[PDB]
Amino acid sequence: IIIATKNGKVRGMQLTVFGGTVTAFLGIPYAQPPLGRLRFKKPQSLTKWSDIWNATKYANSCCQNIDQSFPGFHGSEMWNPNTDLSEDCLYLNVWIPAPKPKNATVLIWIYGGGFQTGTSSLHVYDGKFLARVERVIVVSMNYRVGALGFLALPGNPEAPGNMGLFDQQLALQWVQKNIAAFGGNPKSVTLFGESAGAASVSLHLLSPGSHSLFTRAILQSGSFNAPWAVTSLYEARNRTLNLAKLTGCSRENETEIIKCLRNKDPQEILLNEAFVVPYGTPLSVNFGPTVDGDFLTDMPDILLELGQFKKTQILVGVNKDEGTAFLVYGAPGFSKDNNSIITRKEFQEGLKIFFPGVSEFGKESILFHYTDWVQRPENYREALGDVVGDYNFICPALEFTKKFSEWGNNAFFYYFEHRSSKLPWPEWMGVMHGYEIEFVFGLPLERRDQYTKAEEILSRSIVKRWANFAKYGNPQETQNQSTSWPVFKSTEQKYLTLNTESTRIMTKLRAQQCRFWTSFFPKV
Ligand SMILES: *[C@@H]1O[C@H](CO[C@H]2O[C@@H](C)[C@@H](O)[C@@H](O)[C@@H]2O)[C@@H](O[C@@H]2O[C@H](CO)[C@@H](O)[C@H](O)[C@H]2NC(C)=O)[C@H](O)[C@H]1NC(C)=O
Ligand SMILES: *[C@@H]1O[C@H](CO[C@H]2O[C@@H](C)[C@@H](O)[C@@H](O)[C@@H]2O)[C@@H](O[C@@H]2O[C@H](CO)[C@@H](O)[C@H](O)[C@H]2NC(C)=O)[C@H](O)[C@H]1NC(C)=O
Ligand SMILES: Nc1c2c(nc3ccccc13)CCCC2
Ligand SMILES: *[C@@H]1O[C@H](CO)[C@@H](O)[C@H](O)[C@H]1NC(C)=O
Ligand SMILES: *[C@@H]1O[C@H](CO)[C@@H](O)[C@H](O)[C@H]1NC(C)=O
Ligand SMILES: *[C@@H]1O[C@H](CO)[C@@H](O)[C@H](O)[C@H]1NC(C)=O
Ligand SMILES: *[C@@H]1O[C@H](CO)[C@@H](O)[C@H](O)[C@H]1NC(C)=O
Ligand SMILES: O=CN1CCC[C@H]1C(=O)O
Ligand SMILES: [Cl-]
Ligand SMILES: [Cl-]
């Protein structure tokens, strides 16, 4: 199977899926490899080739540091890159139903990883099931991460910032220009992503350059208003200069700094990324999105508040235990290998780990709000997880959804509370950050892979709801006497719970906690 694109022919491969066939094109280039003089610059447009490009295997993942905290452990290692690392990493993947569809809706995945890690080739992002079951087309792309993708010297096109976001945008443009050739509808494209990928999705809603490039958006566990998601101009400058110093590239002509950094091997840059800040936390994002005056024209909180974004439908949600994953990467008393019953004192030391630059009054106020118990030994353990999850993910997602819906668009919010039966992390960590993803991509539909019957059922319905949102803008499951998903409005704030047992309509998720984080805490 061979498809003619604008820049040349590509050959794909046939896959067998559920007694049917899916056609996969893995590793199509969408930009000039950003090497040599091109490192740190916006992605440059592609050449044009005369032969047939073999797209029959995942391409290189972008350069990045790897998680080495738990060698041999599937829980952490499943997120590590499964393909060679290289600066030559600007490639995308396409899954298509067989027989070739005529005008199929397109789903474009953007992975998360704190803007420092990630790759589109992970097992949990395999689009072949969505293509097989719902007959949509699935696209995913690799984008630059870390300093290589987000190094900023505002105004300087040698390193203007936001390069990884421009990588994403160029791929959306590739779909606009080429997807009809694959049987897709360029007028029916839904972006979806998780964590930093969801933050990216929300930023595409704000970038005027992305507005004509997609129809609707889905945000899983992330939004730009999260405290880790956008780096200030002040922080970005101090970090760029710190990087230059650590690598011996401190100069006076800022452009000369960039030249010096271009002569360093990727490993020396990667090695020094962790130290551009005096203290980090498990949620540190040293090189992330900035206000560059190009992709992002002003502080995004201002744009959101004043209604300056694409007017369309959104689907947003979070998991029950967003915060727990991070506790075992530094908080004292914690371990994936015991029940982590911590003391008041340990909770206090824990806040210092996650809020290192915050005043003593600020840390006390967190403790006051989360430690009025009604006693129970796991009180402090659970409080710290909730602190981390509410501050970093849930409260920002809820505030994003309210502000967005106030300008008249339909929004739908979910609360995912099912813990995978195959979860390799201990049960005290609950419904973890990142563990709805395999349900969305329909992994439990494969009966050969250890999931329960109830989980097959949950994933099937989730897959249908996501597909109906992309196609029709309304995430219902209309056939099997399902609970109707009500629109989220700023007054009533209805949301839908996703679980194996009882799907329910609820109101005002974490009302009391979020009043603390959203209204008060930004003042300390
Ligand atoms: C902006 O940058 C300076 C640079 O600090 C150094 O820190 C190293 C970890 C590394 O990045 C190196 O390249 C860089 O020169 C920060 O100054 C530091 O601030 C801390 C806390 O105030 C002091 O304890 C240190 O003495 C000082 N570092 C040294 C050794 O000079 C500064 O904090 C930072 N500003 C911020 C955080 O916005
Ligand atoms: C749960 O485990 C943590 C982590 O302890 C680590 O180190 C060894 C004790 C090893 O056997 C293994 O259990 C684990 O990887 C214990 O918390 C504390 O961890 C800090 C880390 O800085 C150490 O300073 C403490 O010494 C350690 N406590 C102890 C008992 O020494 C924690 O106590 C344990 N909690 C339980 C048993 O519920
Ligand atoms: N590295 C991780 C990522 C995610 N969840 C994780 C959970 C536990 C440990 C590492 C993780 C979800 C977003 C992508 C990366
Ligand atoms: C592409 O793959 C096919 C596999 O049959 C092969 O015939 C062709 O030569 C390949 N082109 C390359 C590797 O350049
Ligand atoms: C698909 O739908 C669009 C409207 O979005 C229509 O204009 C277009 O012609 C269709 N393409 C095909 C080939 O069906
Ligand atoms: C810095 O050096 C570059 C490259 O030689 C040059 O183009 C530019 O004019 C210089 N800028 C300043 C501020 O001196
Ligand atoms: C609807 O229910 C049937 C069984 O009655 C099941 O086979 C099918 O997968 C369900 N459809 C969805 C979208 O959940
Ligand atoms: O994985 C690492 N991090 C750090 C900040 C956000 C988070 C993520 O899952 O995208
Ligand atoms: Cl709960
Ligand atoms: Cl139901």
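For chain A, we keep the numbers from the PDB entry: what you see runs 4-377, 380-529, in order. We read in the header that X-ray crystallography, 2.1 Å was used to get this structure. Remember, it's 1-based here, ligands and their atoms both numbered in the order they're listed.
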Can you help me out? I need the name, per UniProt, of the chain with the largest number of contacts to ligand 3.
Cholinesterase
Could you check ligand 3 and tell me the drug name?
tacrine
Near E197, which atoms of tacrine (ligand 3) are under 4.0 Å from a heavy atom of that residue?
12 (C), 13 (C)
Check the entry and give the organism for chain A.
Homo sapiens
With heavy-atom distances below 4.0 Å as the criterion, list the atoms of tacrine (ligand 3) near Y332.
9 (C), 10 (C)
Which residues that UniProt lists as binding substrate in chain A have a heavy atom under 4.0 Å from tacrine (ligand 3)?
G116
For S79, which part has a heavy atom under 4.0 Å from tacrine (ligand 3): side chain, backbone, both, or neither?
neither
Checking a contact table here: which protein heavy atom is nearest atom 8 (C) of tacrine (ligand 3), and how many Å away?
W430 CZ2, 3.6 Å
Name every other ligand or ion with an atom closer than 4.0 Å to tacrine (ligand 3).
ligand 8 (1-formyl-L-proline)
Which of the listed options, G116, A201, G78, holds the heavy atom that is closest to atom 14 (C) of tacrine (ligand 3)?
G116
I need the closest UniProt active-site residue in chain A to tacrine (ligand 3), with the non-hydrogen distance rounded to 1 Å - can you help?
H438, 3 Å
Just jot down the tacrine (ligand 3) atoms closer than 4.0 angstrom to any heavy atom of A328, in number order.
7 (C), 8 (C)
Residue, atom name and distance, where the atom is the protein heavy atom closest to atom 5 (N) of tacrine (ligand 3)
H438 O, 3.2 Å
Considering only non-hydrogen protein atoms, determine which one is nearest to atom 1 (N) of tacrine (ligand 3) and report residue, atom name and distance to 0.1 Å.
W82 CB, 3.5 Å
UniProt tacrine site of chain A, residues within 4.0 Å of tacrine (ligand 3) by heavy atom:
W82, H438
Binding site of tacrine (ligand 3): which residues fall under 4.0 Å, heavy atoms only?
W82, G115, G116, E197, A328, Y332, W430, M437, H438, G439
